[PDB]
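By convention here, the chains are lettered A, B, ... following the listed order of sequence lines. Sequence positions for chain A are given in the PDB entry numbering; the residues included correspond to 4-179, in order. We number chain B the way the PDB entry does; in order, the residues shown are 6-178. By the PDB entry numbering, chain C shows 6-179, in order. Just follow the structure's listing: the first ligand is 1, and inside any ligand the first atom is 1.
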Amino acid sequence: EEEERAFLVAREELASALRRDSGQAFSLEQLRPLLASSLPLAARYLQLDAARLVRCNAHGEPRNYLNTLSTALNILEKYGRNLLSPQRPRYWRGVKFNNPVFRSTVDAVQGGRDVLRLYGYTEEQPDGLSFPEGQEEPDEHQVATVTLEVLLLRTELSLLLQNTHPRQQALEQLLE
Amino acid sequence: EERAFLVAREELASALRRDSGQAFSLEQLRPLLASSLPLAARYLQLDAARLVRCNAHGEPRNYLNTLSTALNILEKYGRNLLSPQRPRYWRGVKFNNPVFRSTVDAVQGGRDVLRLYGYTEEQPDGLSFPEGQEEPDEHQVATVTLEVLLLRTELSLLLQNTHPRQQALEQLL
Amino acid sequence: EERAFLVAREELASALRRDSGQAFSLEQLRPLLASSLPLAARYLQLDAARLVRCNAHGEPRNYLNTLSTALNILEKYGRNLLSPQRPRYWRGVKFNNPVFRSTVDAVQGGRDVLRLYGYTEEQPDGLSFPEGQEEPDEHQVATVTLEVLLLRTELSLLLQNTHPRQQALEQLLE
Ligand SMILES: CN[C@H]1CC[C@@H](c2ccc(Cl)c(Cl)c2)c2ccccc21
Ligand SMILES: CN[C@H]1CC[C@@H](c2ccc(Cl)c(Cl)c2)c2ccccc21
Ligand SMILES: CN[C@H]1CC[C@@H](c2ccc(Cl)c(Cl)c2)c2ccccc21
């Protein structure tokens, strides 16, 4: 009740801060209503399939695949931040799979391509994904909400790698 | 070798349409098992790469058996759609089924295999065919059924240590 | 035959107490396999009738595999509870563990086996030990682990058609 109410408030608040300033940095205190929340994962991540991304990429030592997942999420977070900035990139409506950074980070994670579809890159192409022909501008509320969930999962994976997660003992039971 | 593999694909797929309850031997699947082609060339509809990657948790003797059991149930669903007397409830699959929730729904991506059969419409209690579709896609159902049968056979051969490429497959886990 | 069954029962239950990783052979469990004693006397803690009856749905080649794999993971939980180098989080089990959903939670009554191990208190996301309890009942854990080991072996031998009472047990699944 009281904890579930502060979660939806912080989610809508931080999503607008990304729309107001796409380059805004968030501290661990600003995201604490979303990290320390004892809400189930289905209620915490409404768009980003956090359960899938963790399940399909938990291979090897946790010191490595949590690091590989966090790096791919940092790249995916930059894609959503670029869409929300007033000075959008010249090729904002098209991501190519053969990018050297993309192939070494996002394409190295099972399900990283599907995260781009959440931003709006829904049209499949033999070299990448693209925004649909006709969509003049991206849905800011959709991009900001997905960017916040991507940034939140990256923060959650980062907190686990430093043994500083609020539910560190609980999350480690799902990997051992 | 890509031509010989594609010829045996249409051969077994046409055999499933002829008799949906026809049992295949290891020799009949030999041109598909012993093969040097990549996985993307051997599995066109079934995403065998993610089906193993998203479910290779724990001991291999455990999750390979769970994967093959779920594929055995998914194979029966495709064979039922190719039967001359289809089940009376072939148009939909319920998530709350005791057999379904214990085998297919226990595997990440098992519902995606049902979508390949034709169960594309999502409902709160399961998946169903589009209401405007009279009959299932026999060519598509037979193709997915054969690939599901092949993946389950490959997982089974790994557990018996009789896979033709057993050594190479074990290094991928 | 009841005294002979209990004689080898504590012999295997004590072997798991000293060495939890010590694997048992078929000849070691055969005295407990070919016994014509009723199931009520062979399983005192594990509800073997519940696990088989409530999950014998579909083809026997399918649910016997699902039952065997779930018990193999349940046997790993009991063995780790008796290990001298216990895991750091032996006091709790999460339902959303990717191995748990595909094996134990896929079987009707699998969570009750964890309660026999000691995981009696329930959380919205799993089961855990009571806060007052600091060490598990090594006698009860080894007793349940042995019976879980017993049921897994019985289901595995039936799938291989090498069970000592194969024809008798097959008549209970028609
Ligand atoms: C169904 N989702 C599961 C698996 C993901 C798993 C999870 C979620 C986030 C992270 Cl960062 C990790 Cl390591 C693991 C989890 C956590 C709490 C409740 C449920 C779940
Ligand atoms: C990209 N696909 C990979 C992973 C699956 C992996 C594979 C395929 C079938 C099985 Cl039964 C297993 Cl255990 C593992 C494989 C095999 C041959 C060529 C490629 C691949
Ligand atoms: C009513 N008691 C039943 C339980 C299940 C049944 C049983 C027990 C173990 C297994 Cl492996 C199977 Cl297939 C079936 C049985 C067997 C012998 C004596 C009694 C019983």
**OP:** Write down the name, per the PDB entry, of the macromolecule bound to ligand 3 with the most contacts.
**Re:** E3 ubiquitin-protein ligase RNF31
Original post:
What does the PDB call the drug placed at ligand 3?
Top reply: sertraline
**OP:** Note the other chains with a heavy atom under 4.0 Å from sertraline (ligand 3), by letter.
**Re:** C
**OP:** Tell me the organism the entry assigns to chain C.
**Re:** Homo sapiens
Original post:
For sertraline (ligand 3), which residues in other chains have any heavy atom nearer than 4.0 Å?
Top reply: C:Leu44, C:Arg47, C:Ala54, C:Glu159, C:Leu160, C:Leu163, C:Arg170, C:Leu174, C:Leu177, C:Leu178
